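A quick write-up on the structure given underneath.
Numbers for residues simply follow the sequence, beginning at 1. Atoms within a ligand are numbered from 1 in the order they appear, just like the ligands themselves. Side chains included, hydrogens not; waters and symmetry mates left out as well; all remaining heavy atoms used.
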Amino acid sequence: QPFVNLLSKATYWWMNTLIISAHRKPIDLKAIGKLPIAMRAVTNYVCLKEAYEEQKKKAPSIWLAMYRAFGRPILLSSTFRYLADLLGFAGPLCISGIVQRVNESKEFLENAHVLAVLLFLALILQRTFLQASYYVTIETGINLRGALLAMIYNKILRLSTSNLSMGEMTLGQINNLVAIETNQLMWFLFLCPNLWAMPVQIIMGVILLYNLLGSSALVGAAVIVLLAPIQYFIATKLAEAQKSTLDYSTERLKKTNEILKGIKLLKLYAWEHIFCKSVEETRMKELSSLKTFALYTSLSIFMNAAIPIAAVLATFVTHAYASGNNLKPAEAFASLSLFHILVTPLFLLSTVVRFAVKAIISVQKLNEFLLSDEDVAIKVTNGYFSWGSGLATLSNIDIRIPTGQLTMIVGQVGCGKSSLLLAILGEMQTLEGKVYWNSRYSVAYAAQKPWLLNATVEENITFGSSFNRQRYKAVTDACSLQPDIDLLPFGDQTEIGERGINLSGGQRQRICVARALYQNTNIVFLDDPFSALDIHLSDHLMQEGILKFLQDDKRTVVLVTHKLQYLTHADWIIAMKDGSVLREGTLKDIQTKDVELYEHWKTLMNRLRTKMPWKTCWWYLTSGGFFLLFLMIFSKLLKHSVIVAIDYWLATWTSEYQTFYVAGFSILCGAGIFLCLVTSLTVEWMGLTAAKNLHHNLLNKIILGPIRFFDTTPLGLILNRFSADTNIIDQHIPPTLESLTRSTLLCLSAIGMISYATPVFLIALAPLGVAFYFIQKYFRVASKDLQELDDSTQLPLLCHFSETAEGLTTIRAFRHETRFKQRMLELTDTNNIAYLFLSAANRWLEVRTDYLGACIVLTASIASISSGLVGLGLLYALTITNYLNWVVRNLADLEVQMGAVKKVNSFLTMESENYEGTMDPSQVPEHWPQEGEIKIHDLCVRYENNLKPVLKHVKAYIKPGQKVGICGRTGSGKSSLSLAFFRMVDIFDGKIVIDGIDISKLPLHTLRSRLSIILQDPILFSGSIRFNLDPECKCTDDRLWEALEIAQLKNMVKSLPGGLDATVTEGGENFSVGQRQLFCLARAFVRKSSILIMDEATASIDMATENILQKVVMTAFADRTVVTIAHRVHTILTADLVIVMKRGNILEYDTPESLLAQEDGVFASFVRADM
Ligand SMILES: CCOc1cc(CC(=O)N[C@@H](CC(C)C)c2ccccc2N2CCCCC2)ccc1C(=O)O
Ligand SMILES: Nc1ncnc2c1ncn2[C@@H]1O[C@H](COP(=O)(O)OP(=O)(O)OP(=O)(O)O)[C@@H](O)[C@H]1O
Ligand SMILES: Nc1ncnc2c1ncn2[C@@H]1O[C@H](COP(=O)(O)OP(=O)(O)O)[C@@H](O)[C@H]1O
Ligand SMILES: [Mg+2]
Ligand SMILES: [Mg+2]
């Protein structure tokens, strides 16, 4: 009975139920059993950590720990591999025996049928052992992958966060370790038994070949063995080319992500075309590298499929012209079978050695990484904290935060404000002075830089807490997100953060503040919650979010803002400057003790089944051009015909049992070499052409789309169309298609030859055909499904790792390390289950196909028994066993990847906007905004069809060169009205007349080129400062410098390294918010347009900076007309005409003095609120 369990485990019957069935119902993690307690990431991690700790006590090297953790399975797998290899070497011997016995006490052992039965049994045993080895090694490799992921995740949680240690590039290295390093180490562990087996297989094969064919065997073995060093050389060249391609791909991906993450600015500036051209240039560089890589892949395939032919040629010619006897058929076919046996190990030994080198470097990298550095609410005495480099960033720190009372700390930009919080949390290094709390309890913390979980908004706000409707609603209302969440595609469940629907900086800050408030933890550390928020939003938030909501819960609050106007509410105040606290006390106490501090603060105030998708497959094939497809298919057909002809020529030559045969064989070998060369070249060329043709139009169409598409569709899918799908099309498909074609042709040729040799074989072909059809049918669905699960469950794993390495401070301030560890384990287990069952399906198919092939070998042999043709048939029967499962697996992979091609193709057909317009090209003036006049008539605007009109028949006219400022409550249509001039939002009724031309009829690019707009949150694109100032590069440097002076950034630019070409980090992160805003103003200036639209430009600007910016703008653009959306009404007091928007209506339209004249005026009330 237990032998039945052993057979079930050897034949992977334990998964037949989930393969034969579960094609009707898709395979889901519910269907797949949870991982056995033995293989869970927890157990593997504890084992590997125990081994590593034993080593560390002995000291530690990761290799010895890995051995002590996963030796026994690897020894078992190597034993299985050796048994499989030895049994497999019984093929050629059996063929030789059968052939010799045919056509005319150990007598029984010589009987032909006995040899046939022995061959069949040996084949089934070899395949069973080989697949058992594969599965044991795969299982051990996946266990190791789980352990390593858990280990590096624990290290990530225990990181240091100092910029000396972590800096900014370290996150990239951490993501690399989680993604590529661990996978490469896992794959080395997958393939390691090859290092044990392949050299021994080569040795045994060459020994048998010598025993069969004297010195000719030595000659052939030398020629063949020359295939290992050549393969290693070509593999090195391929690795170099693929590293270059990877670098160019990462560059292109960063450029694309920048383009489609700030698409609104590009479209408004009409820069989309320039950035797309730059991305296309990077694509051309990537395609040059990819063409080199494809050329070397073609040469690798050529060598793989040719050097064996040259070796056979040398062996047999040397035997013919050296060996006295002729070529007995048995010897010839045994030699051919041995060469077929040795072709795979030699072509793969170079790959396993390269994998071993990559694993050694990966383990060195991991070893390097693991050593990376690591009434009174709170009391600090003689605090002295350092970031790690030994320099005392904070000195003489002594604070006392009252419990249950609001505390605010104030200082200059860069006065040890944000660092003090991290020091309190322990992230900093405590040189001297202990910190004593009421060991620490969880403390809610909203980092200065907002951090967002990729999960939905509801999850981010809740953040692992007991979802309570009342508290959730109260927080969301206090945070002013109730209408903003409704705006997003899903009211309460839309994706957020990287790889989700992008949000404005204000929205991110609001989400983070909501998360901090929602938690029940008593201590709360808020760091610049108002920086991104508008003035109205901040006022609303503090009026009740801080003063009411928190005080209702009697929670200690530590708010870090430079907005002094709210100091009146502070119960305790701490002044920090130059890393030292000026004083700590109440407002009145501080003022009495420090009159100078009060004066400084006042001055600062200044006041069901899915079939194979043939259609997409055919479209991909024809993408290269019908001629290229015809050349590929015809060349492959001719190549395989010539190879079969070589084998048949050998068969006839043996049956003859000489100079006339030598010449024929040599000529056919030459033809085979040439046709292999041609076939490889053509297939790779078709692959390259298809990749280029798809990607070019893909990117062009995506950029040409409409804004709402980016507004709703998550950025994850859009950027996945370029990151993974294009990678698949460029690299994975062409190889898979080539493998499929070659394997199908070889299988068909073998079937044909076997049938020709023994036409009776066709009788047994039918049951074998049916069995193969059923195996193909069931596997091609089970695989597809399991790969779907693997990818869909591997996305969240890397998302979790990335979002953990990001915002360590939040994780360790909430003290939610354990919960995140548990989630990491629960995700890595799921991913490993999916991958493990994918490999189990592969083993299932391989074993069933190997038994099918063993049946084929048995039937072909039995037919042959009842003179060289028998040997030829047996040889091809043996090769069918090798090639059948590869046909099936390549077909499955081709289907899966053509799915990605289909996705890209569907994205290739998308809506757009009528850039052409209708106005006469000659009609437009040379300088259209010459006068700058603006006139409107009953304008009506709606963001999307069937939605509520944002603007309600607003009618307005601006005289040339006038200056008008617009204000109003949030969601009153200010931003939409500003964007109206650019037709970023559809207009139902009314029109906008500028310079006597209705914009509606103008070409979109022409309209959006001659207008200058400054968004609320400034975004600056990576590249040179010149590039940001004018990508078209059509401005003399003098204009750039004049603009920089106008922006007041001339001094900073001069201080820049290159001055005029200083490097700019992605998104303008290099500079400050004020510097970025000034640079955006300069960007607007260079356009030399007469109309400027400032949509809440100075939201993050300070009072003095805002005033100086406004005055310099007015002086510089005195002639030009400007429309400004006022962040604060006080900024637009000196305006020619004032407009206030309320619920999409311009209630007030008159001069600022006239508007202020009205009693209880809305604007007048706003001014009082600001004051
Ligand atoms: C994730 C599973 O991956 C496997 C992993 C294994 C373990 C293994 O010794 N591979 C040998 C192949 C054998 C036939 C020589 C090998 C060696 C060098 C380079 C690639 C490869 N192989 C890479 C995978 C498939 C192509 C040849 C077996 C089989 C598989 C499999 O696909 O089922
Ligand atoms: N994590 C860090 N890595 C490297 N240098 C740091 C780090 N944190 C602080 N510093 C340096 O130590 C000093 C203290 O920073 P401080 O607390 O003043 O930042 P902050 O000005 O409060 O934050 P922000 O300017 O974003 O409001 C600064 O001069 C800063 O450059
Ligand atoms: N992308 C969008 N899709 C649909 N409606 C939008 C979109 N953006 C804004 N709105 C709607 O337009 C109104 C005004 O928004 P907006 O002009 O952006 O802010 P403001 O009120 O500051 O002008 C809001 O009530 C909002 O619901
Ligand atoms: Mg800060
Ligand atoms: Mg707005």
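- Here, the main chain in contact with ligand 1 is recorded in the PDB entry as Isoform SUR2B of ATP-binding cassette sub-family C member 9.
- Lab note: drug at ligand 1 identified as repaglinide.
- Taxonomically, the PDB assigns the source of chain A to Rattus norvegicus.
- UniProt domain boundaries put most chain A contacts with repaglinide (ligand 1) inside ABC transmembrane type-1 1.
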